[PDB]
Q: 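Below: experimental structure, rifampicin bound to Scaffold protein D13.
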Amino acid sequence: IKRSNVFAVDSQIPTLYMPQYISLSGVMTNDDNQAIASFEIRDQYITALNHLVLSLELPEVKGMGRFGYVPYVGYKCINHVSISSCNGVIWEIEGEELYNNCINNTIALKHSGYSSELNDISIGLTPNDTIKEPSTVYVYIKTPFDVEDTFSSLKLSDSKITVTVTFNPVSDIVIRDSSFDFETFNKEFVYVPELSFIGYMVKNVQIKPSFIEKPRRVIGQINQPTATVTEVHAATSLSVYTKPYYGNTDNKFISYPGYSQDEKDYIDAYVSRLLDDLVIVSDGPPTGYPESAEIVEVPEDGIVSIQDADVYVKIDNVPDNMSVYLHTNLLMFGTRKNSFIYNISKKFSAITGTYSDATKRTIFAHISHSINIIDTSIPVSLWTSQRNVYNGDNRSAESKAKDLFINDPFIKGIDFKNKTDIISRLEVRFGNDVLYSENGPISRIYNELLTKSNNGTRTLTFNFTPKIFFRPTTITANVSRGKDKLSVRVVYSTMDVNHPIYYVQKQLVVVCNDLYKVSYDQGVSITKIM
Amino acid sequence: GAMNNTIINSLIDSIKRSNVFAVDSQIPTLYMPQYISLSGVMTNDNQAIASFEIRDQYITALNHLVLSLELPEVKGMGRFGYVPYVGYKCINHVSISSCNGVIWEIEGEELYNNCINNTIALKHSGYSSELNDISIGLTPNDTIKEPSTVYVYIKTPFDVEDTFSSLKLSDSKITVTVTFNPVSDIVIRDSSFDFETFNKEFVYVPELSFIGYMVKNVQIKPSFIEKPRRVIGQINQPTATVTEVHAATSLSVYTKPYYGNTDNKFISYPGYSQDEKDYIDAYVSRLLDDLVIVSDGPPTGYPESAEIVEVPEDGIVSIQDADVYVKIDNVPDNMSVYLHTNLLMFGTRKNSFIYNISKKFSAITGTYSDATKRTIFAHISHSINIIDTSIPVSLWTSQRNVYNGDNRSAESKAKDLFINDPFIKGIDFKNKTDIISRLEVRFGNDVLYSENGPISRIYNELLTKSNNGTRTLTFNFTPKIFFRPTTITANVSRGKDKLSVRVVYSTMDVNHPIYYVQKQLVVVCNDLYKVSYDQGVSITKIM
Amino acid sequence: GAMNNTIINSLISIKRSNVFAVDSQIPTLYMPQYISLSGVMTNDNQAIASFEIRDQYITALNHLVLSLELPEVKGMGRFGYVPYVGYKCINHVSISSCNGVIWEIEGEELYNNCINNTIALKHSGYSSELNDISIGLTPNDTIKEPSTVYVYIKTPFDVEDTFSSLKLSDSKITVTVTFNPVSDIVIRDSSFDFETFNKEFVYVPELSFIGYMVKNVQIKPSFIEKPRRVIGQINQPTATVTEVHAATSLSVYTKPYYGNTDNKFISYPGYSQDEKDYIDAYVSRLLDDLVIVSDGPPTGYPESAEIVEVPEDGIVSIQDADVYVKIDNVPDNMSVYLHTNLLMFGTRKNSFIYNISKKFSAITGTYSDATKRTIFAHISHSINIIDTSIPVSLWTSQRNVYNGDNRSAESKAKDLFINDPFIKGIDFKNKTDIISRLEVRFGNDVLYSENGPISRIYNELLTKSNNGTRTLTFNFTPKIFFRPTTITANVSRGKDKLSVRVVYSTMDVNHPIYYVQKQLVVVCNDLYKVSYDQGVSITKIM
Ligand SMILES: CO[C@H]1/C=C/O[C@@]2(C)Oc3c(C)c(O)c4c(O)c(c(/C=N/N5CCN(C)CC5)c(O)c4c3C2=O)NC(=O)/C(C)=C\C=C\[C@H](C)[C@H](O)[C@@H](C)[C@@H](O)[C@@H](C)[C@H](OC(C)=O)[C@@H]1C
């Protein structure tokens, strides 16, 4: 019997080439006066390239107040990336989409800026105090040219390749308090980029045409559950997700965990911030709180009843001249005077600790509560919104002054962790006919399983064929029949009107990957498959 | 320029070269995928059986089977929580069959074992603090657990090479049958919880999803499939045999505990936190309540068998050869510090060796709270292991014990939890203790393989990139789907048609309760079958 | 719910490749077996294990795993094993035949190749049982229980399983394993009897491999990458690799040299190996001498120690640095004291001082009447990974105008000996980047230069590793199925060597870390051709 050899193979002689890591400085242009970096790659010996890495020199941050960078700061800096030739754009991506494509890559995410040095909230006490030390971050600009290394690489057929990087405002990548002088920081801050790539000098290159997937995104109107992608002729995939819109707020939040980014870390940071005003050890009724505040003295039993909710408060080593007090309405929301009230104090069941005579403060030991990721994600503006018949924010001025501005451009869902799924039903139509529909997030489950990711989206994959070696499988259009567009309609999950999160404005994001043919006939050019 | 002169000169034509910078983009088979979800037909030894029928002219092929399950709202009084990876634990057996019979089938535990290295699949099946932490109900209408939906990835051989490996429907009807384990297996609860009503009210609500493919002019070729078979040996017996082995790709060997001789009750459980340290810390925390007592005079509410001793001025309490250092701050003048010297004890003879849990503690420090009237422990020095946390309560009070055994308070005993997890391995909750001292595999009369160390487990973990492997003998190192798998071939005439497994178990102390944990040997064999798509899908055992 | 009408209508002459079915090819008839062998131990009287593989059945092999039997450690003192103990045991591994060495690697290079394999690292010995520092109280007390560790000897024969496997053409294959002294793999204090342990300790190895009995094997020649390392002279920022004719890659990194010290360190975190774990362990060790609750001025400290009573406001000023100390439940007869110069360093009197006490800003806690000790709650400090990595010898060096170590005798007795052979950079985590510039010359011409560690970023990205090195990769061609792409020599032009020049950043002379010696490591992977014609043999590509 004829047998295939599994113990030996003919070591084929490959194309004669030589790689080199090339680093280039850019040309900065302020064009809405947005920072734009341009990198021109033109050399007769750079035959092909891939693995684009953009480095960024973050400056020394000096002065007073609270300051920190958003996690994966390097990716958050990116607004748009374009790779173009003389014939036009070869490939381009939106900042968030590049990040989404790199969310599984722990190494790329770490390189972009994910450390306690960068992401923890540091405090500066004097005008010449160093808040943050200068650092360099590296952003892996993942392109379709990296899929199969040399086989997939961008070939430069004697053409000039321009890599354009559009940057987001520094407001988006920074978490700060009112005390921090952001006005001066915004004026003084400048993006310092450098583009690196693996260049290949190839001897007698044999160029063949290839296929590329170019992502397109469409953002629907504020609170609009529909979005449409026009002129769809050959699509490999379609992703659907939601983003919050905070334009109706001052983008201020009570707490932030810093480098520690788990759901529990977000919750613990919030609890810690509230505990300062929640349980007070004072000689007589506490002061510095608004008139709307209902601070009740804890009885001998330790139980304070806020309607049907019982809060057990027991503090050790309390001085004889002092008493234990509980703020029964620290944060409250109500649309009507005779409606359900969402009270944050009611989310606490037990608070234990010991009063320190030396530092004159309470040292909390164990806290029993029901605080969730949504509570930590509520903007402060929504607690004091017009819709609320109550004051809302009954915290001290000291606590309110510690509030942080978060303008992270890549937030998904209605919480900081994208934990809460707000899509109750998804409907995708090709033309007018229903292409796909679901009541459960089964497309997200398949995305997470097939891509081995923990942070996936509701994705419809049409290409299950191996990349580069095969022409990708695409959903083909029929203009005559009307099937030349992908229309998405969602049904948002119904939330209680008396909860502050109900008023978070939502935006539907639809991402479509269209197939293009790469032609190298007299320069690099792409053609949309139609 | 950008390229260095040294590189340029080094490069700047006679030999034939393979192109590594470009490739001919081959046109693939014209197809269209679709995520299809189906509702089942529920049937009821009164075990739940869900049936899903897949029959469509246009569903040419399928793969990536995912079973969703709607978990109900749990209301009432008592302690309740779901086992980790609840979705997998629900599964007793999965079968994929056609008109010609079974195409592929797996046992619940084997599907779980095949998915243990997939963190995503495990998370989807139900692994969260919301599901797995032990929640408490205070009133008959208090919500213990909120309704949730779990997703179970039914990994099949059809997913290995995506479209290439997919199950081709030769215009035949495919039935997917799912047999469910009793709800007792997936739930951790105390005595206070009304399990009787819960068992009656609970219903499995499944839904089968799969990636279906509509293929234009499909060119079908025959393929090969590995079907797993398991053999469970007799209780406490160190042998098991898999008969009729003809063409096997692999053989796995592991141990399972048997708790049929117990009420399946355990002192503690850590919840969502599943590390070895989490299991130990939960156990220590549960005992500390009755171990160190701050009371005005001798403590009450403990059995007569208990020996609660007052801690002397030096802080050292001697329990035979073991010294326990107990020092509690802010103790009221009217009160004293007491140590329970025999919280849990075991012995087979009146004056023999004694396994005392109190003796496993060396130092206990803390501060008494006047406000809450309880001790707040700071630092604990102990030698509590994963085995202690895995001892069923029944064994502490068994007939073998000359002592009372359980000298805990009634309050502590009432907090004990029922754990019926069907996929436990070894003699502890983490499968930490290796109880197999030697393993021998015999293919007839001749020794096929033998080992003193779990080097077969090390190879399994390395080759499968898994952290929780088993002693596995792999015979197929050939790439799957593209090649016919390599197997251990049988010689019927020489009696080499059966795989016999013999183990040498470790010897444990009779005065330690873990000695009485019954063991079962599990042997898993993957048999090679040929998939014939000639007039309906059918399988044939390679013999 | 079934196939949707839109999909059916979309589908309902060109040659198409079948992606739904494939011809299940009959492979070469073979049979694998996990074979385990015992070695031959030989004896600076270095331990060497030899494993001879020669069998008519064994046609080919791969996936070498070396197991090691760690003994029961009994007696007094503090003892622990280094993390990944199994890899740290290895000094060198060589696979040779009658024709000579087929492949060989240095201990550290094998570890470097396995650093991205979490499973291989766990198997080698990474647990609280092995790596935490355990204490022995009686001469017959068990410190560490006996355990078995498994070391995955990653070779080029594992890359493509059976395809890449080492073929044994009726030749005798010898696997030689050289072991590092037991001093390298063990973390211990002065109380521990290392002298007896070193005498009593014996390496107990066992080599396992996946062997293949192949029927009518069809052997073809292959290519192998053999790593070579060159260690530069102490603190010299240059190193050269000679006879470089065809190299697939070149790596550059730094190692510390502690030959000028007794290899003693104040603290070690144990199994917990994060940067924060190293810092927290150090802070915890200093805290008992830093803040003292005593009736009158504290005793048991050298005369050089400046222990100041904490004032009513809690602020103690050490020059420009203010330290806030507030301890609860302090007895009326006792006072709170702060050690203002626990560890200090300076090369000139009345100049800049590096004081560890000055690195603390706030210390809070509660005094325990029951245990007669302070239980610290919150500590605000600026202690870094470098502080935890300073050998004790440097604090009391001749360069220091001060006593340096003003800790108690109790604290000094708890100091641990760390001789880990695979440390990189100038700290235990290799956090501090000490290379400011890298220059690589092929012959006399500049092959590559960088000011930033972009070669390390590329290494980490391409190898999916979190702990990479400045690496220049020349081969981007798939392995086994293709002949690797390499740099080409030109003997006539003198281009047959790789010269590395780095520019190190300079430390402050008044910081003890300036006195930690450095060594430049350059690793070169040369291409060799594997021939099976009358035995297994390798030939260097020119
Ligand atoms: C499980 O996959 C296997 C199924 C095989 O069976 C079988 C019947 O089905 C195949 C499929 C489905 C392929 O898609 C394929 C392929 O795309 C490919 C070559 C050609 N290979 N070479 C021919 C001669 N050789 C000495 C050099 C290159 C193939 O033969 C196959 C192939 C088969 O033969 N690729 C190319 O032509 C090009 C343009 C580049 C290749 C680059 C590197 C070299 C390869 O990717 C290496 C790294 C390996 O990954 C593969 C070889 C896979 O081997 C393993 C163990 O994974 C193999 C596909």
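Letters A, B, ... are given to chains in the order of the sequence lines, protein chains preceding strands, and every chain is numbered from 1. Start at 1 and go down the list; that is how both ligands and their atoms are numbered. FYI, side chains are in, hydrogens and waters are out, and symmetry mates aren't considered; it's all heavy atoms of this structure.
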Q: Which other chains show a non-hydrogen atom at a distance under 4.0 Å from rifampicin (ligand 1)?
A: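 Counting heavy atoms only, the answer is A, B, C.
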Q: Hey, which residues are hanging around rifampicin (ligand 1) within 4.0 Å, heavy atoms only?
A: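 Within 4.0 Å (heavy atoms), the residues are A:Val9, A:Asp10, A:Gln12, A:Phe151, A:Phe469, B:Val23, B:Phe482, C:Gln25, C:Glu160, C:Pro478, C:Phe481, C:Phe482.
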